[PDB]
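Figure: structure with CB3717.
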2 protein chains.
Amino acid sequence: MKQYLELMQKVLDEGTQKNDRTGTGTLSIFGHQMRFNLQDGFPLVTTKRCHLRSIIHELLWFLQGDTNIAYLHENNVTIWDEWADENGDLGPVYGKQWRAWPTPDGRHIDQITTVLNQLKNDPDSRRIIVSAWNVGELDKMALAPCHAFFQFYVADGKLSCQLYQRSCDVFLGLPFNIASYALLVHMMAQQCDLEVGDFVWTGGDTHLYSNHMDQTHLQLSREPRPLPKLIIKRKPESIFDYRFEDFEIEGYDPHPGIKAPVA
Amino acid sequence: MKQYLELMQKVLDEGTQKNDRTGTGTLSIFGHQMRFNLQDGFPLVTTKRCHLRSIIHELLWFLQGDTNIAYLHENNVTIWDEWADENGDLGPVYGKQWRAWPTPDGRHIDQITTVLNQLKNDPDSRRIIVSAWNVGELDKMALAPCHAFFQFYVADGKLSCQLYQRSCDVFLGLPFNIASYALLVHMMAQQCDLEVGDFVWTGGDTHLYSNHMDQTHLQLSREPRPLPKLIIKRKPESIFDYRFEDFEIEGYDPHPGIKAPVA
Ligand SMILES: C#CCN(Cc1ccc2[nH]c(N)nc(=O)c2c1)c1ccc(C(=O)N[C@@H](CCC(=O)O)C(=O)O)cc1
Ligand SMILES: C#CCN(Cc1ccc2[nH]c(N)nc(=O)c2c1)c1ccc(C(=O)N[C@@H](CCC(=O)O)C(=O)O)cc1
Ligand SMILES: O=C1CCN([C@H]2C[C@H](O)[C@@H](COP(=O)(O)O)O2)C(=O)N1
Ligand SMILES: O=c1ccn([C@H]2C[C@H](O)[C@@H](COP(=O)(O)O)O2)c(=O)[nH]1
C-alpha cells in the first residue's frame, strides 16, 4: 500500500547504517507514524502476496493467553519455532501479559476484558490501554515484546487503535504486524457493536535489512492494488470465542509473492 | 514552536467534541507525532511564557524515585498539589516505576540505571525502554501516567528518544512534557558522552480543553521566536547527581504568559 511503500522509500532515503543484535546490518530510522483508515479497506499489503493464515492463528493464540507454541504446532504455524525451549514455552510473552498480567500482591489483570469493558461502558476514557511490556518479567521472556503497547480510542461510533512497535523489520515483519492489529480492531469493534476507525502505527527503530534490497526494490517497482475487504462470516458471543474459519478476504488480488531469507 | 502550534491548529480543525473524565469537554484527535532536533535549539514554547523552574525540579524529582511532593514544596513547585493527599503522596507514579519497578517475586528494577548501561555497553540495542505504565499498580496511583513509556535510540554518536503520551493536555501539559523529556536527553547524552539527537513526541488522545479555546486563539496569533540554548554548568558524577543550579537557559525571550484554568 501507499503508506507502506512510502515508508520503504523513506528508509532508503533517510536510513543510517546500524548493525543489529547479530551483525547483519540495517538501514535504520527512528520515529515514524502511519495511519490506516480501516473504512477504505483491510490493510493487507498487495505489492506482494501475503497470507492471513499465520496472522490469524497467532492473534487467536495471543488472545488465549497461552505462551506455549503447542497450538501453533497443531495448526502448522512456524514463526515461533526458533525461539521456544523443548517444552515449547516462550515465557510470559504477549499472550500472558494480555490476559494475566501478574501483580506484586499476587493478583492477575486481564487487560483484554478491561479494554472491552472500557469500550462498552466508558468509551471516552483516555486510559484504554494494553501493555505487553512487563518490566518485571522481561528477563523471563524468550524475546522482548516487539509490538509492546497499544491504545484504543472511540469517537463518532468508530473504534481507532494505535500501536507502538519498538522495532520493525519493514520488509518481513511490518505487513504481518499491520494486518494482525487491523484484525484485532475489527474483532474488538464487532464485539462492541462499533464501526472501525483508524489504525495508527508508530515505530521506534524502523529499518530495512541489508539483504532485502532486491526484494524492496522489486516491491517498490509495483503499483499498490485496491485494498481487500475483511469478511467475518460468524459473530462469536465473546472476544475469546473466535475461530480460524471465521475470517475471509474478498477482492484480494496481489502481485506475485516475494520471498526473502527469513529472520 | 512550529510543531506545537501546528498540532494546536490541527486539533481545532479536526478535533471531535468529546466529554472527558473531568466533565469539562474537549476537542480530541487520536494519533500524532512531532520531532524536535535538539541541536537546533532547546524545545521550550515561546508563544507563551513557560517557567523552566518547575520543569527542572520535576525531572530531578522523577530521577530520585520519589513520589512525595515534599521536595516540590521546598522549591515552591505546586504543579502536583491538586492530586496529592495530606502527606503529599501520589502513589507509585512516574518516579517509583523509573527507579524501582516492583516485580512479582519481590525484587525491584531500576530502569534509569538499566538504560544508562545499555546506552554505554550496547548502544545499537533496539529495546532501550523505560516504562511508567505498571498495569499491576495503576489502581494505587492518584492519576494514571500520561507520559507512559519512552524509548532511546543511538546512531551516528547521537542520542534520540521517543515518548508515547497516551493523553495530552495540549495547552497546559504538552509544553512541560516536551521540555521535560528534552532535558532528560541532554542529561542522558551528557552521562553517555553522546551528542543530542531528536526528541520524538507521539500522542494518543491529543486534545484541547473547552475552556482553553480563547487562550488557544490568542497563542495561535503569535509567531514562534528563536529557540533558546540549554547550558549545563557541570558534569555530575551520574544521572542522579544533578542539581537545579547546574542548568541555565540562555536566549529565552517569549511572548507574555497566558493563564488558564486546570482541569
Ligand atoms: C511481524 C511478525 C511475526 N514474526 C516474528 C518475527 C520474529 C523475529 C524476526 N526477526 C527479524 N529479523 N525479522 C522479522 O521480522 C522477525 C519477525 C514473523 C516471523 C517470520 C514470518 C515469516 O515466516 N515470514 C515468511 C513466511 C511466508 C509465509 O509462509 O506466509 C515470509 O516470507 O513472509 C512471519 C512473522
Ligand atoms: C505536563 C505536566 C506537569 N503537570 C501535571 C499535570 C497534572 C494534571 C493535569 N491535568 C490536566 N487536565 N492538564 C494538565 O496538563 C495537567 C498537568 C502540570 C500541571 C499544571 C501546570 C500549570 O499550572 N501550569 C501553568 C503554570 C502554573 C505554575 O506552575 O506556576 C501554566 O503556566 O500553564 C503545569 C504542569
Ligand atoms: O504529564 C502529564 C500529566 C497528565 N496530563 C494531563 C492530560 C490529561 O488531560 C490529564 C489527565 O487526564 P486522564 O487522561 O488521565 O483522565 O492530565 C498531561 O498532559 N501531562
Ligand atoms: O512483531 C515483530 C517482531 C519482530 N520484528 C523484527 C524487528 C527486528 O528486526 C527483529 C527483532 O530484533 P530486536 O529488535 O529485538 O533486536 O524482528 C518485527 O518486525 N515485528
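Lettering of chains proceeds alphabetically from A, tracking the sequence lines in order. Chain A is numbered as in the PDB entry; shown residues: 1-263, in order. Numbers in chain B come straight from the PDB entry, and the residues shown are 1-263, in order. We count ligands from 1, going down the list as the structure has it; atoms in each ligand are counted the same way.
- All instances of CB3717 are found at ligands 1 and 2.
- In this structure, the main binding partner of CB3717 (ligand 1), as named in UniProt, is Thymidylate synthase.
- By chain letter, the other chains having a heavy atom closer than 4.0 Å to CB3717 (ligand 1) are A.
- With a non-hydrogen cut-off of 4.0 Å, the residues around CB3717 (ligand 1) amount to A:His51, A:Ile79, A:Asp169, A:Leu172, A:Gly173, A:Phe176, A:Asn177, A:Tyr209, A:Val262, A:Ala263.
- Annotation for CB3717 (ligand 1): atoms under 4.0 Å from non-hydrogen atoms of A:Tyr209 are 12 (N).
- Among the dUMP-binding residues UniProt records for chain A, the set within 4.0 Å of CB3717 (ligand 1) by heavy-atom distance is A:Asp169, A:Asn177, A:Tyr209.
- The entry gives the source of chain A as Escherichia coli.
- The protein does not reach atom 17 (C) of CB3717 (ligand 1) closely, with no heavy atom under 4.0 angstrom from it.
- Atoms of CB3717 (ligand 1) found under 4.0 Å from any heavy atom of A:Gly173 (numbered from 1 in listed order, with element): 1 (C), 15 (O).
- The closest UniProt active-site residue in chain A to CB3717 (ligand 1), going by heavy-atom distance rounded to 1 Å, is A:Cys146, 7 Å.
- Residue, atom and distance of the protein heavy atom nearest to atom 34 (C) of CB3717 (ligand 1) are A:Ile79 CG2, 3.5 Å.
- CB3717 (ligand 1) has an N or O atom lying under 3.5 Å from an N or O atom of A:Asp169, backbone or side chain.
- Remark: CB3717 (ligand 1) atoms within the under-4.0 Å shell around heavy atoms of A:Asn177 are 1 (C).
- Residue, atom and distance of the protein heavy atom nearest to atom 3 (C) of CB3717 (ligand 1) are A:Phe176 CD2, 3.8 Å.
- Looking at atom 9 (C) of CB3717 (ligand 1), its nearest protein heavy atom turns out to be A:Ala263 CB, 3.6 Å.
- The protein atom (non-hydrogen) at minimum distance from atom 28 (C) of CB3717 (ligand 1) is A:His51 ND1, 4.5 Å.
- Distances below 4.0 Å separate heavy atoms of A:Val262 from the following atoms of CB3717 (ligand 1): 22 (C), 23 (O), 24 (N), 25 (C).
- In terms of protein heavy-atom proximity, atom 24 (N) of CB3717 (ligand 1) is nearest to A:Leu172 CD2, 3.5 Å.
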